[PDB]
Q: 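This is the structure I have questions about; it appears just below.
So that the names make sense, note that chain A is the first sequence line, chain B the second, and so on, each numbered from 1. Atoms within each ligand, like the ligands themselves, are counted from 1 in listed order. Values reported hereafter were calculated over all heavy atoms of this structure, with side chains retained and with hydrogens, waters and symmetry mates removed.
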4 protein chains.
Amino acid sequence: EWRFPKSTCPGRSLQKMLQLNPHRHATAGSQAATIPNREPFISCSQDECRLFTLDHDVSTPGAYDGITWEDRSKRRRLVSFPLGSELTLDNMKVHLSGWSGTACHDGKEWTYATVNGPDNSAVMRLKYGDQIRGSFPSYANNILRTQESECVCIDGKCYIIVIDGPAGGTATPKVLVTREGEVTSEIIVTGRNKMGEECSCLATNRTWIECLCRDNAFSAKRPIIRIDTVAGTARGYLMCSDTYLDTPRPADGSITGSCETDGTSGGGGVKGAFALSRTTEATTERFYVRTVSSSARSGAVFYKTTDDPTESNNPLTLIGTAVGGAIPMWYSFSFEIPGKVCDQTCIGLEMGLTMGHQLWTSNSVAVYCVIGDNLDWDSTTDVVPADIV
Amino acid sequence: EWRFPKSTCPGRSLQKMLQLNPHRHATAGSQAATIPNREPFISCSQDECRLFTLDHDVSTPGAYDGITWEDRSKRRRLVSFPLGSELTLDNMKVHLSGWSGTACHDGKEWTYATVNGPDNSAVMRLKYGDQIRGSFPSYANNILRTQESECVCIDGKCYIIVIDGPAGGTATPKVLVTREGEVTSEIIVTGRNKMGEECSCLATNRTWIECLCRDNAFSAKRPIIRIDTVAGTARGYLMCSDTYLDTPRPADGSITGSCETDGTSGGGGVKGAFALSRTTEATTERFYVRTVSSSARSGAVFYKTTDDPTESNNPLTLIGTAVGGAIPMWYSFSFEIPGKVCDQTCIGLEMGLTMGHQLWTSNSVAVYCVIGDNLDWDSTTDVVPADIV
Amino acid sequence: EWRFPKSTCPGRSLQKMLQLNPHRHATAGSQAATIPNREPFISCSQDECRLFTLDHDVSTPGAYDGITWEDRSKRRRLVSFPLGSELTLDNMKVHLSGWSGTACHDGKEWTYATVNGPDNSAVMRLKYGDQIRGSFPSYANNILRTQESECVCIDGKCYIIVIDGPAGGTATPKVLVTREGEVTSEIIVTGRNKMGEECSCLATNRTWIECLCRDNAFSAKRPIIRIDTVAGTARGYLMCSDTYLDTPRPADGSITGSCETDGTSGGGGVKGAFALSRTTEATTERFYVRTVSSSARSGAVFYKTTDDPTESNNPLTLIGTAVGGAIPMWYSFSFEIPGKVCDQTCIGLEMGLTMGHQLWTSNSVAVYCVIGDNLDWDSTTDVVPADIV
Amino acid sequence: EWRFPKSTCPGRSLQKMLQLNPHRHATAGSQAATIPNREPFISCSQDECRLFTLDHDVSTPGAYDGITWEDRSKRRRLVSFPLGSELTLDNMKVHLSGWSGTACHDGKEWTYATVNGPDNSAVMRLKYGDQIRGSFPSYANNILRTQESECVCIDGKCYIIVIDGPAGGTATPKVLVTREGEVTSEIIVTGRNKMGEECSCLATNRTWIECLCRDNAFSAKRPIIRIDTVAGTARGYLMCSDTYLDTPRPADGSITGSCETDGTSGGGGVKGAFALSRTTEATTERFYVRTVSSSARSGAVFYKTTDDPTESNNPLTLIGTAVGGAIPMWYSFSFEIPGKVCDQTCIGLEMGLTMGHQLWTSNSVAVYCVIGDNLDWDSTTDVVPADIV
Ligand SMILES: CC(=O)N[C@H]1[C@H]([C@H](O)[C@H](O)CO)OC(C(=O)O)=C[C@@H]1NC(=N)N
Ligand SMILES: CC(=O)N[C@H]1[C@H]([C@H](O)[C@H](O)CO)OC(C(=O)O)=C[C@@H]1NC(=N)N
Ligand SMILES: CC(=O)N[C@H]1[C@H]([C@H](O)[C@H](O)CO)OC(C(=O)O)=C[C@@H]1NC(=N)N
Ligand SMILES: CC(=O)N[C@H]1[C@H]([C@H](O)[C@H](O)CO)OC(C(=O)O)=C[C@@H]1NC(=N)N
Ligand SMILES: *[C@@H]1O[C@H](CO)[C@@H](O)[C@H](O)[C@H]1NC(C)=O
Ligand SMILES: *[C@@H]1O[C@H](CO)[C@@H](O)[C@H](O)[C@H]1NC(C)=O
Ligand SMILES: *[C@@H]1O[C@H](CO)[C@@H](O)[C@H](O)[C@H]1NC(C)=O
Ligand SMILES: *[C@@H]1O[C@H](CO)[C@@H](O)[C@H](O)[C@H]1NC(C)=O
Ligand SMILES: [Ca+2]
Ligand SMILES: [Ca+2]
Ligand SMILES: [Ca+2]
Ligand SMILES: [Ca+2]
């Protein structure tokens, strides 16, 4: 009936699943209406996985596709594609207008959520199946926004992290608890709770959820939020590892002080992601990604650890380079593929494609999952934005 | 088994669901065969919602798409798209030839209905699943025509409003009662019954239906038709509110006389729409739309009331502007999304796009549903018809 | 379980269902890969109807589409589209290579059949679901060929009419009886059996089938074949009505002699069609089509009769003109839409489109079904082949 | 429940099913995004058959499609199409990145497998439904590679042949045994086991599998591998027939020595295929293909035999020419269509299309299945690569 976390399929590394690269098909002579997009993620039911993303109400090639750099507009929508369908106009399914999104399947129906509206009075609407069942208005009136990756559903309840407030200062996250799309509860995040954008969330055992977030203002360490679904509580932490996962970031281990010390830099950031191995009682291994560059959104390197990331300052263990340092790599996202016997967690990579500042912008999506013993291959796009018609 | 009205999901305002905007993809360089269309509406089964519309047997760009301004021809068909699919040639499904349409799902099968034929001897055909099960010929031999929005099915019977007669004079509506597409009964509309085109209809409780119509000849007040499905009767009224909902219209409250007094103007009009909150016994709130302009089809403003619209001349309560006054806005339509626990009513807006008189004509469709506490955002198209190839 | 004929939904005329017109989308500026085709027909399961046709392994516009006039080649295939999908490359489903075809659903699985091979040694292959279960080689080694419309399945057995032999002389038809695609029996057609191409077949009651065919060599009267599925016998007749249904044809009633007298002309012909009303015991009304012109394939006129067409020379009763005489109209085909409570028979019209002799050739398909009391409207294409890119 | 081999539908020859030819639609004026590809094959579940192939992350026409000659890159993916859908961008479904592939359905879920990674450290990943359940790293670190045709699933276990090692020397094949995508066992191939690439495999009775392979280094005779699924053993043989099936090859019967003697030539080769008739206990007839030319990959000729191909040096019996000798014909592949009453085996032909060395490269796929008594027709492409835009 209801979705719930199982023990994960055994795996000791990350290996490539597939890649979607729609703008390979937007060159001279081509015959495709491709969908430029940003903030992609993947979410799955027991029947099918789907690639979700935020579009701009336009295809490429096309005269209007110059707006695709914008973060927020009346044009953007949360859309999705069956996973493995290329990202073309006829394959696209529109779910909700809005410019920040999340989605997750509870075992019976999809929940889709987007934020729509002006910056100072936006509203999250939650769609359950075909009906808008939930509505959650901005509480700090400064760009209400959510995960840009899948939410987590356990035992008929879904858990969504939202944040509202300045990009350059304190902004308090909230855990929304939904039931058939209705917001039935808000959970206050205690502990280290002054930031936490764009969380990538995965269940760590049968009843707990762990989210890896972005602190855009205070620290190059990523915030971590843990949710106890039985107690209905949430606590924020700062990831303690010397291997800082945000971009931009200082040299590894150079932040002086306790685990929860911000550091002197910390402005700016990017959505990050992780994967894991777990039994029904505990997570036994974690897998992390960060950029190759400590200053630009370029490259992707995988790491792993068997320590608790909220307690240990130990450096992470290098897995290898999944995207070379010369290749733009922007957001990454966590997701889980449910199975009848075991679950599997994965990391998707937003390989960015752009003609430049305030010009055409989109991506290619590469997917790696927890399986095997060594990284198999790195990913490239072989798309030159200059070649896009 | 059979569809029947449930209590609606709680909601105190209208908030945006999604928007379809196919002709964003018909610009120079684009690679899409988009479907120009008019009189769109949405109807849902428990499985899926669908966007229905009347096409012209052509795509845009294309050499033949200059006929898309015509109301009636041998080219038009009732077609549909899964809701959320963009309106392209490969996504389209053709149901019936004809130039006035409606459709509704009874819980087991779709009923589709169109009027086909010459102006003076048209015929409504009703398709149930894959078979044409019903046929209803013109009774006044002057453009038989129907709702251009979904019909209402209760307990295995579907209710369709048709009208026949002059656009500028008395034309008597009829309620057709269908069972598996067969017209089993005609219900005579008593009361105020001299006009009533293009009705948008919703169940007001377990057994009654209310339709909001267009009087093209006599009044800027909209006619309202109520159907008692148990008694098998229908009665027409004139909406009494000072906030007149048709276009063109005089200043609010300036019509002198009783609730049912026409007023001195009243020629012309446009299809209108409403939404509601209801329990199984009674409607508890109504939501209305009208244009911003009192003379042109431009803009869309939402209103609400807890009064009976056939009894109260009280002004409606402003919700806010859903489409700015500088933006063409033509038809609007009511529809209902059925759910397993509650139903939800919505209003769709036909945001018109045209190069001018007897030139290319189509639209974008924005959808708002009853949910939340304040209007979230207004809608735009950002399509300039001059840019369409 | 198994498909079997029910009493037909009540109806006293033919009225338009829909029309497919893919080459409206093949004009300058258009963005569609349309499928040029000939010999279309429709066949239905209880789930969906499908438009079948014979393609040429090409789309229009395209450099190779000049071969679309050919009757037989290694390029042609039996393909199909969900009924209501427009005839584009991405909507097409390929079933079998070959240049003469038929298909019918027995209640459990589709049977598809085509003839493939050279003129002097062609082979019919029969596909049941996904497997080729049947094979029937040419028996006269002179263009084995079949109905170009749906076969008829009763009680798990399907009935297919095939013919082999000269187009200008005696060619003996055979009734093939199939079970899960395997040819289990050949039925010898007795009586008037020297011709009978391209039969359109419908059940006339619970256990009998009637086929309306084309005599390409001897007569402007159409041959009729009746099959008794219980006895497993078939007998050929000549339609006796003064209203001769083939093209070309002499003036009505001018053939002198008995019902089975050929007449002095009779060379050439075209596939024809009929529809009917029936109970479980007997057919009570028949509906026929023929061209407007007695010499060219142009126009379509509907007729009806309550007489036995193998016994009565009475003229048929005019219903009206479904396609005007200035409009090319080639093949027509019979088909039946099964229902849970009643069945419905229909006639489809191949409205031909061509640039001329040995040039680009395709069609538009208009569908009329037995319902109502008067013909609703005639059909046009509004496609000028000169405009096709 | 689980898939297992049944007796095959009776048939004594090979006859054409269908052909897919997407690049007929890539000519001047055409409107299709076609998918250039190589190493196609077909695999079926009880619900549907699917055409699998290895793409290049590009469509034709398009600026990037010049890489389509490459064997291995970071661009290639195992993709599939419902069998009968033409090979266009919107019809394509991406399963796994990689440049050597196989897939097979066990009765419950699809298993997909590809090899990804650099030549010296590639990794096979196995996807079961939506999850990557298996991982198998290169064991000789010299281009791990697999069948390029469907694997065989019996009683919940699937059997995949892999090889690793030099293309010009000894390379040891391994039989991988999978259960829900997990590699549970490796079976050592005994006997003649120094080569065996690109095996086409079919069950020969209820419990045994026979694979027809390519020896790229030692012999023009094809290796044959038999798997006993009950004992869990595999043994390699050399096909003994004087009618040598590989290309290039010496004159028939001119290899001097025993059945297992290599011969003095033997360098180079091509993937080959066979089909069969079987009961639940034994194979009763085998059908083989080879090229017309003994030196180039051109043409296709069918043969048959009732002898054991590992024991008899008897020449095979000619069936006839399926593709004329002037037409390029590259890989061929075995596959089986499961049925409820009987199974059917088939051979697909990769009819190659290329502009030349290190230029655009793709194919057309023709399918022949075991049915009937004589070959019905040969196949052509009528695609001139010079005409491709
Ligand atoms: C709601 C919103 O606009 N979110 C922004 C996000 C945001 O600016 C930062 O996290 C600071 O708050 O940054 C960026 C980014 O690329 O850094 C993309 C996101 N765009 C979208 N999700 N449409
Ligand atoms: C059957 C028919 O032609 N209905 C007309 C409708 C009609 O003219 C008026 O209501 C007056 O009767 O007006 C208009 C309109 O835009 O005002 C569109 C509709 N077009 C279509 N439904 N095709
Ligand atoms: C097998 C075959 O070629 N059948 C022909 C058919 C035939 O020539 C006549 O009936 C005389 O035998 O005529 C014509 C026609 O338009 O008259 C189309 C059919 N074309 C196809 N079914 N491909
Ligand atoms: C893994 C790999 O590259 N396999 C090659 C294959 C291989 O080179 C030979 O068998 C020698 O080992 O040959 C060829 C070929 O056309 O001969 C295509 C295959 N290409 C692909 N399967 N992508
Ligand atoms: C999951 O982990 C948390 C934190 O360690 C623990 O409190 C909880 O009991 C665990 N749940 C189960 C079902 O073991
Ligand atoms: C619905 O409302 C009508 C009008 O007020 C009323 O007559 C009828 O009884 C109501 N139906 C139910 C089931 O309460
Ligand atoms: C169908 O009609 C035929 C011919 O009139 C007749 O012989 C047969 O009995 C009828 N079948 C049934 C079931 O009535
Ligand atoms: C299948 O054939 C093999 C080899 O001849 C034989 O050993 C085995 O017993 C056969 N299986 C069955 C089920 O007959
Ligand atoms: Ca930061
Ligand atoms: Ca009015
Ligand atoms: Ca004739
Ligand atoms: Ca060799």
Q: What drug shows up at ligand 2?
A: zanamivir
Q: Per the PDB entry, what is the name of the chain that shares the largest number of close contacts with zanamivir (ligand 2)?
A: Neuraminidase
Q: Which chains, by letter, have non-hydrogen atoms under 4.0 Å from some atom of zanamivir (ligand 2)?
A: B
Q: What residues contact zanamivir (ligand 2) if the heavy-atom distance limit is 4.0 Å?
A: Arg38(B), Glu39(B), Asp71(B), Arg72(B), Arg76(B), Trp99(B), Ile143(B), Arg145(B), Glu148(B), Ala167(B), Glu197(B), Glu198(B), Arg214(B), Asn216(B), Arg297(B), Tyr331(B)
Q: I'm curious, which organism is chain B from according to the PDB?
A: Wuhan spiny eel influenza virus
Q: How far is atom 8 (O) of zanamivir (ligand 2) from its nearest protein heavy atom, and which residue and atom is that?
A: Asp71(B) OD2, 4.4 Å
Q: For atom 4 (N) of zanamivir (ligand 2), what's the nearest protein heavy atom and its distance?
A: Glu198(B) OE2, 4.2 Å
Q: Report the nearest protein non-hydrogen atom to atom 10 (O) of zanamivir (ligand 2): residue, atom name, distance rounded to 0.1 Å.
A: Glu197(B) OE1, 2.7 Å
Q: Of the protein's non-hydrogen atoms, which lies at the shortest distance from atom 14 (C) of zanamivir (ligand 2), and what is that distance?
A: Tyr331(B) OH, 2.9 Å
Q: Looking at the deposited structure, what residue and atom does the covalent bond from zanamivir (ligand 2) join?
A: none
Q: For zanamivir (ligand 2), output the ligand-protein N/O contacts shorter than 3.5 angstrom; if there are none, return none.
A:
residue, atom, partner, partner atom, Å
zanamivir (ligand 2), 3 (O), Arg72(B), NH1, 2.9
zanamivir (ligand 2), 10 (O), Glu197(B), OE1, 2.7
zanamivir (ligand 2), 10 (O), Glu197(B), OE2, 3.4
zanamivir (ligand 2), 10 (O), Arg214(B), NH1, 3.4
zanamivir (ligand 2), 12 (O), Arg145(B), NE, 3.4
zanamivir (ligand 2), 12 (O), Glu197(B), OE2, 2.5
zanamivir (ligand 2), 13 (O), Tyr331(B), OH, 3.3
zanamivir (ligand 2), 16 (O), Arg38(B), NH1, 2.9
zanamivir (ligand 2), 16 (O), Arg297(B), NH1, 3.0
zanamivir (ligand 2), 17 (O), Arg214(B), NH1, 3.3
zanamivir (ligand 2), 17 (O), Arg214(B), NH2, 3.1
zanamivir (ligand 2), 17 (O), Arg297(B), NH1, 3.4
zanamivir (ligand 2), 17 (O), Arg297(B), NH2, 2.7
zanamivir (ligand 2), 20 (N), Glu39(B), OE2, 3.3
zanamivir (ligand 2), 20 (N), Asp71(B), OD1, 2.8
zanamivir (ligand 2), 22 (N), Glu148(B), OE2, 2.8
zanamivir (ligand 2), 23 (N), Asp71(B), O, 2.7
zanamivir (ligand 2), 23 (N), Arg76(B), NH1, 3.0
zanamivir (ligand 2), 23 (N), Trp99(B), O, 2.9

